[PDB]
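Contents of the following structure include zafirlukast.
Numbers for residues simply follow the sequence, beginning at 1. When the header is checked for method, it gives X-ray crystallography, 2.5 Å. Order of listing sets the numbers, starting from 1, for every ligand and every atom in it.
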Amino acid sequence: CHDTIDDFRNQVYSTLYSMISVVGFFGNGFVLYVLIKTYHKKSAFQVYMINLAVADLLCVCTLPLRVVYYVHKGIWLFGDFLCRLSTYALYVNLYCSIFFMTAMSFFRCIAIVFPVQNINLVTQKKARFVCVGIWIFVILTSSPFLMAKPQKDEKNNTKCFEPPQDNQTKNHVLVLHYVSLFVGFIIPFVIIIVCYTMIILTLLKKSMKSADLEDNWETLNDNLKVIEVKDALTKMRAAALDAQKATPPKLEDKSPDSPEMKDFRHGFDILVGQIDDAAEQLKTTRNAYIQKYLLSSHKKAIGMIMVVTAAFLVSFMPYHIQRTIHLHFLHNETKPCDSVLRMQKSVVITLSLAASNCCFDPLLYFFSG
Ligand SMILES: COc1cc(C(=O)NS(=O)(=O)c2ccccc2C)ccc1Cc1cn(C)c2ccc(NC(=O)OC3CCCC3)cc12
Ligand SMILES: CCCCCCCC/C=C\CCCCCCCC(=O)O
Ligand SMILES: CCCCCCCC/C=C\CCCCCCCC(=O)O
Ligand code: NA
């Protein structure tokens, strides 16, 4: 037994931070470029996207300093201020990203679940105020990391990013860990679980209703081919009334009494009259009063669900489980080297995974933008 982790720590950190810095800087730099140079009006999603991009760039610009530290066999050479600023920067990026993803999911939920006054309840103006609130809250609550005591080794060398290794146990660090775990990870994660449950159930209801509208449109076209005659008519009439009751995907957000909805409902009314009269005359109505009405908002919601869920399971969750395990391990009487090694290797991996959160945000823009 010895400090066998020291070479592993410096090898894995140098590789992963170097990779996260390059992928993170170019990915979010590109996303920021594309969003800044926008001509069409900014969405609530775009407000959250710009803020995620900035929170990611703020942190990727500090990661090259972490790289220089581990390349130097754990010797800090930039002073106290830059050590406290590099530590603070990671926690600010991590908790800002958790809050922006939560706020984005919450907004998209109210948009999907409640399309009546959705465009007035979940506005770009509202997104801007929430983000400011998120920045102030995170910047203030994370400040103790800026006013922490400097770390020095046996040989009086300046250290940075040191974990409570062994017997460095404190009860109020454990109380701060729990408030942070609940407010900063468990409450945001529960809101996402609930919101995503509501979106998925809503998406099934709308997907099944659009299959019936696709089924009535299929029967109208099929019985038209059955003519080229009393049986085909009795079948098209029951379906044309059924299709009239259904709402098309194109006019899903608009009101039921809207003049856009009235036109589609009247189109089936003119077609029902032509059906009772009876083939090339009713084929004209289905190509002028109903062809236009018979969804992307559904694809952007699925894209968001997949990237954000992965970001929570892969990046945010292992760090928060490991921090709970680690802090309690310090309070335990017995500490063998075979357990202290596997604990320290996990700190290296779960922190690298937490820092890799900036790599998920360009993917959120491709799949949900
Ligand atoms: C980020 O808070 C920690 C981080 C660590 C930590 O990560 N330590 S580690 O060695 O690097 C590591 C890495 C990977 C796995 C395991 C470990 C131990 C340990 C304890 C803590 C808890 C903690 C100790 N004080 C003195 C604090 C002061 C203020 C805050 N406010 C905070 O959080 O507010 C955010 C949530 C709401 C908004 C922002 C927390 C703390
Ligand atoms: C700021 C108030 C917000 C309240 C939400 C936070 C929820 C925290 C609730 C329970 C966590 C239990 C805290 C007990 C401390 C255990 C650490 C110890 O002393 O060993
Ligand atoms: C609606 C989204 C669908 C995805 C499912 C998300 C829910 C997953 C939540 C928690 C998974 C927790 C698993 C943690 C295992 C590690 C525990 C351990 O062995 O110590
Ligand atoms: Na992020």
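The full list of places where zafirlukast can be found here is ligand 1.
In this structure the chain with most contacts to zafirlukast is the one UniProt names Cysteinyl leukotriene receptor 1.
Near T350, with a cut-off below 4.0 Å to any heavy atom, the atoms of zafirlukast are 14 (C), 15 (C).
Residue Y319 has at least one nitrogen or oxygen atom sitting less than 3.5 Å from a nitrogen or oxygen atom of zafirlukast, judged on distance alone. In the vicinity of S142, heavy-atom distances shorter than 4.0 Å reach the zafirlukast atoms 39 (C). When the transmembrane segments of chain A are numbered from the N terminus following UniProt, a heavy atom under 4.0 Å from zafirlukast turns up in 3, 4, 6, 7.
Between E162 and zafirlukast, no N or O atom pair is found at a separation short of 3.5 Å. When non-hydrogen atoms are compared, zafirlukast lies under 4.0 Å from the backbone of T141 as well as from its side chain. Listed by atom number, the atoms of zafirlukast under 4.0 Å from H177 heavy atoms are 22 (C). Residue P144 touches zafirlukast through its side chain alone, judged by heavy-atom distances below 4.0 Å.
Judged by the shortest distance from any of its heavy atoms, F145 lies inside the 4.0 Å radius around the atoms of zafirlukast.
Close approach of zafirlukast to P163 (heavy-atom distance below 4.0 Å) involves ligand atoms 10 (O).
Contacts of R323 with zafirlukast, taken as heavy-atom pairs under 4.0 Å, involve both backbone and side chain. In this comparison of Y88, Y178, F329, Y91, the heavy atom closest to atom 6 (C) of zafirlukast sits on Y91.
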